There are 2 protein chains.
Amino acid sequence: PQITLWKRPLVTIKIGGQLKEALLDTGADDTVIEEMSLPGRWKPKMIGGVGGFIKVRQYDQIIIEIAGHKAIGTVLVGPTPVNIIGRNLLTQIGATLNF
Amino acid sequence: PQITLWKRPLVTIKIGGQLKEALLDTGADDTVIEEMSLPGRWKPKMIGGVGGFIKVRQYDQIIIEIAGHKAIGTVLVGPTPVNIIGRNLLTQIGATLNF
Ligand SMILES: CC(C)(C)NC(=O)[C@@H]1CN(Cc2cccnc2)CCN1C[C@@H](O)C[C@@H](Cc1ccccc1)C(=O)N[C@H]1c2ccccc2C[C@H]1O
């Protein structure tokens, strides 16, 4: 679709078989989802944004559906304030900014 | 224009008579610019990022040019790691996310 920005660009995702709401975030390098049980091995990671750094679980090669579009890639899991779809997966689904 | 997301979507902005580089950020509600001595009045604000909150100065009705497109709105100034153009100004320049 084409998504305007008057409201947060929230979409439904499917991850681990579960539906969640997430924010399409062009300012995020990576994808980070709130704490959940997720099938795969993981390793510790830290990511930083405004306000500082958080500790996350890094899961590689995770199947995720974003507004009906398939991606398979790195998903971080940890105490993010909101679920965030970042550029690593926005690129997979062919998302661009236009003006 | 169209901007892909293989790298951070950085553009040139003009604010306060100065050129800066800034990130077009659909995940950001607000626009946050690195410390700069903008004139006049401002209001204290705290804004929340992925890692917690930071202190900023809120300036209203600020003239800013984003990739050649003029606009006007609220700009938050403080110790941000990157200059961030958020939805309050992305809407003004008619930006969308497309896939
Ligand atoms: C107005 C303000 C700027 C404070 N907003 C944000 O920071 C929001 C906060 N919400 C949360 C919120 C908090 C409170 C209230 N409402 C919402 C989550 C989404 N972010 C938007 C992010 O796109 C901001 C960027 C900024 C940044 C870019 C590059 C380098 C440093 C900082 C961000 O945090 N990106 C980082 C990022 C993000 C996810 C995964 C990995 C990484 C690395 C890095 O790219």
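Chain letters run alphabetically, one per sequence line, in listed order. To match the PDB entry, the residue numbers of chain A are left as they are there, and the shown ones run 1-99. Since chain B takes its numbers from the PDB entry, the residues it shows come out as 1-99. Remember, it's 1-based here, ligands and their atoms both numbered in the order they're listed. No hydrogens, no waters, no symmetry mates; every other heavy atom, side chains included, goes into these values.
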For this session: Answer with one of irinotecan, bevirimat, reserpine, indinavir for the drug at ligand 1.
Result: indinavir
Exercise. Which chain is the largest contributor of contacts with indinavir (ligand 1) here, and what is it called in the PDB entry?
Worked result: Pol polyprotein
Problem set entry | Chains contacting indinavir (ligand 1) (heavy atom, under 4.0 Å) | A, B
For this session: Number the atoms of indinavir (ligand 1) from 1 as they appear, then name those within less than 4.0 Å of a heavy atom of B/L23, with their elements.
Result: 28 (C)
Exercise. Is A/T31 close to indinavir (ligand 1), meaning an N/O of one under 3.5 Å from an N/O of the other?
Worked result: no
For this session: Check each atom of indinavir (ligand 1) against the heavy atoms of B/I84 and keep those under 4.0 Å away; list them by number with element.
Result: 3 (C), 26 (C)
Exercise. Quick one: which indinavir (ligand 1) atoms are inside 4.0 Å of a heavy atom on A/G49?
Worked result: 32 (C), 34 (O)
Exercise. Atom 5 (N) of indinavir (ligand 1): which of B/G86, B/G78, B/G48 has the nearest heavy atom?
Worked result: B/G48
For this session: Record the residue and atom bearing a covalent link to indinavir (ligand 1).
Result: none
Exercise. In terms of atom number and element, which parts of indinavir (ligand 1) are under 4.0 angstrom from non-hydrogen atoms of B/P81?
Worked result: 31 (C), 32 (C)
Problem set entry | A/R8, portion touching indinavir (ligand 1) at heavy-atom distance under 4.0 Å | side chain
Problem set entry | Contact (N/O only, under 3.5 Å) between A/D25 and indinavir (ligand 1) | yes
For this session: Give yes or no for whether the N/O distance cutoff of 3.5 Å, strictly under, is met between A/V82 and indinavir (ligand 1).
Result: no
Exercise. Within 4.0 Å (heavy atoms only), which residues surround indinavir (ligand 1)?
Worked result: A/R8, A/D25, A/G27, A/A28, A/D29, A/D30, A/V32, A/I47, A/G48, A/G49, A/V50, A/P81, A/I84, B/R8, B/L23, B/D25, B/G27, B/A28, B/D30, B/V32, B/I47, B/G48, B/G49, B/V50, B/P81, B/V82, B/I84
Less than 3.5 Å apart, N/O on indinavir (ligand 1) and N/O on the protein: could you list those pairs with the distances?
from                 : atom 1 : to    : atom 2 : distance (Å)
indinavir (ligand 1) : 16 (N) : A/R8  : NH2    : 3.0
indinavir (ligand 1) : 23 (O) : A/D25 : OD1    : 2.6
indinavir (ligand 1) : 23 (O) : A/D25 : OD2    : 3.2
indinavir (ligand 1) : 23 (O) : B/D25 : OD1    : 3.0
indinavir (ligand 1) : 23 (O) : B/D25 : OD2    : 2.6
indinavir (ligand 1) : 35 (N) : A/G27 : O      : 3.1
indinavir (ligand 1) : 45 (O) : A/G27 : O      : 3.4
indinavir (ligand 1) : 45 (O) : A/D29 : N      : 3.0
indinavir (ligand 1) : 45 (O) : A/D29 : OD2    : 3.1

